[PDB]
Asker: 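I'd like to talk through a structure of 4-hydroxytamoxifen bound to Estrogen receptor.
The sequence lines fix the lettering, A, B, ..., with proteins before strands; numbering per chain opens at 1. Below, all heavy atoms of this structure are taken into account, side chains as well, without hydrogens, waters or symmetry copies. For ligands, and for the atoms within them, numbers begin at 1 and follow the listed sequence. If you're wondering, the header gives X-ray crystallography, 3.1 Å.
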Amino acid sequence: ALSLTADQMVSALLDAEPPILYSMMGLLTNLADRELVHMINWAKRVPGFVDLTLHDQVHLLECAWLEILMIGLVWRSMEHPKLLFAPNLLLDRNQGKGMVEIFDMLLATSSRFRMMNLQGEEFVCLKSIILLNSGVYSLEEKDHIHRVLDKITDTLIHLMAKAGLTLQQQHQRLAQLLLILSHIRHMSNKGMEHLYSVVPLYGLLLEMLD
Amino acid sequence: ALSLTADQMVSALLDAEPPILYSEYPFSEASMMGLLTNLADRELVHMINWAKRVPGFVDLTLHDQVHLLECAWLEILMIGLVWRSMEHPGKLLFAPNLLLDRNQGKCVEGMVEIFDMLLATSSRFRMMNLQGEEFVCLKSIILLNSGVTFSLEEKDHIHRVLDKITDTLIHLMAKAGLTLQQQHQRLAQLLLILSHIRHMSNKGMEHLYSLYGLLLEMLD
Ligand SMILES: CC/C(=C(\c1ccc(O)cc1)c1ccc(OCCN(C)C)cc1)c1ccccc1
Ligand SMILES: CC/C(=C(\c1ccc(O)cc1)c1ccc(OCCN(C)C)cc1)c1ccccc1
């Protein structure tokens, strides 16, 4: 549950991973939408999430879905200085031409991950963080959510330790990772805003959440 | 000033805080935005001078000083608001003479939701017994991290200062009796409350839509 050990955590999280998908606003809309159905399923497989209410499971996915899509998108693009929406569709920044500076922001985060040589294990933890931490703001599990988040913080450190960083680089990397989550909230917001020139609604979320 | 001990780094930052401002005022209407605009802009002038007092910040080039500040100001004001509101459950302390309960924010369409969010964050800081040293750390962390979407071997610099704060932030926690885990854990918690604040800051902007020249010359 949370009495998972940090290796059991990473084990779970890598196994939770949604498949790889293949295929203009229509392109990316249809694409997001599709990925959005798998995301619902991964959320379920995330340790600690299945513990919350439906009403709360749903709130959380309500609040995080777009950054979960972006940080994903940012991830698979690390190795293509180019956004690789799916193996078969891979756009450059010129191609963004009112969506250009969202792309610019994304390609920033993408290089910053390449620079940081981010790990699939580290990545995978960041995503669970975004799921739980996003909407965490009358007897409560916010307490619970907070516990699961601390588990993951420990899981993150634990990975860095295993990999043989010094205790100082551990707190340091953890920082520059959790800070990129800020950048990502932002691009997500700029995203939401531009999809008023939208949010997967409740009942549907809730019925698939089961 | 890259190398200077955690102790130094804290007092530097603690000793550079803008003054405490007072507001001016015939009971509230949507003339309250004007009221809050005003407070914003005065505060924003002093924030320029605090940016300059933050170690490493003047080392950056003028345009980057501006990029950073342009990108992080409302986020920097909100965290300040939040911070000073911590000792006053249920109300936002705009100025020492302008405590405002959430009810009052409902007198400007779309603001109550921001207010709610702020009061939540203010809660969370109190419940964490966030110390002033840690707050000062996070303010500077917002200045630095928010803009860091830009030769640019200046990013590298920004980053190393940022690590330097991290150290300083850890260092305090260490010195308050905190076991190693509890350190890594609280550090997470604070940096993760930084996301919450950008969110608020963006929400702020949108309902402030529905500047450069000034900051450049003002930053000399
Ligand atoms: C930047 C990529 C993107 C989308 C996207 C991101 C990652 C990914 O893996 C796939 C797509 C995007 C576009 C539309 C969108 O809304 C769909 C509405 N559905 C939920 C009914 C979501 C993401 C987008 C978002 C806002 C504006 C312009 C583009
Ligand atoms: C929530 C507080 C707030 C402002 C504020 C926050 C903290 C603080 O210490 C002082 C004020 C606020 C209001 C207006 C504003 O605009 C300034 C425009 N200038 C920069 C051109 C900035 C902040 C606000 C922001 C957006 C919409 C409604 C209210």
Asker: Any idea which other chains come under 4.0 Å from 4-hydroxytamoxifen (ligand 2), counting heavy atoms?
Answerer: B
Asker: Identify the binding-site residues of 4-hydroxytamoxifen (ligand 2) using a heavy-atom cut-off of 4.0 Å.
Answerer: B/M33, B/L36, B/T37, B/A40, B/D41, B/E43, B/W73, B/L74, B/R84, B/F94, B/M111, B/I114, B/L118, B/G204, B/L208
Asker: Help me out - I need the UniProt domain of chain B that holds most residues contacting 4-hydroxytamoxifen (ligand 2).
Answerer: NR LBD
Asker: Do any UniProt 17beta-estradiol-binding residues in chain B have a heavy atom less than 4.0 Å from 4-hydroxytamoxifen (ligand 2), and if so, which?
Answerer: B/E43, B/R84
Asker: From the PDB file, what's the organism behind chain B?
Answerer: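 The organism in the entry is Homo sapiens.
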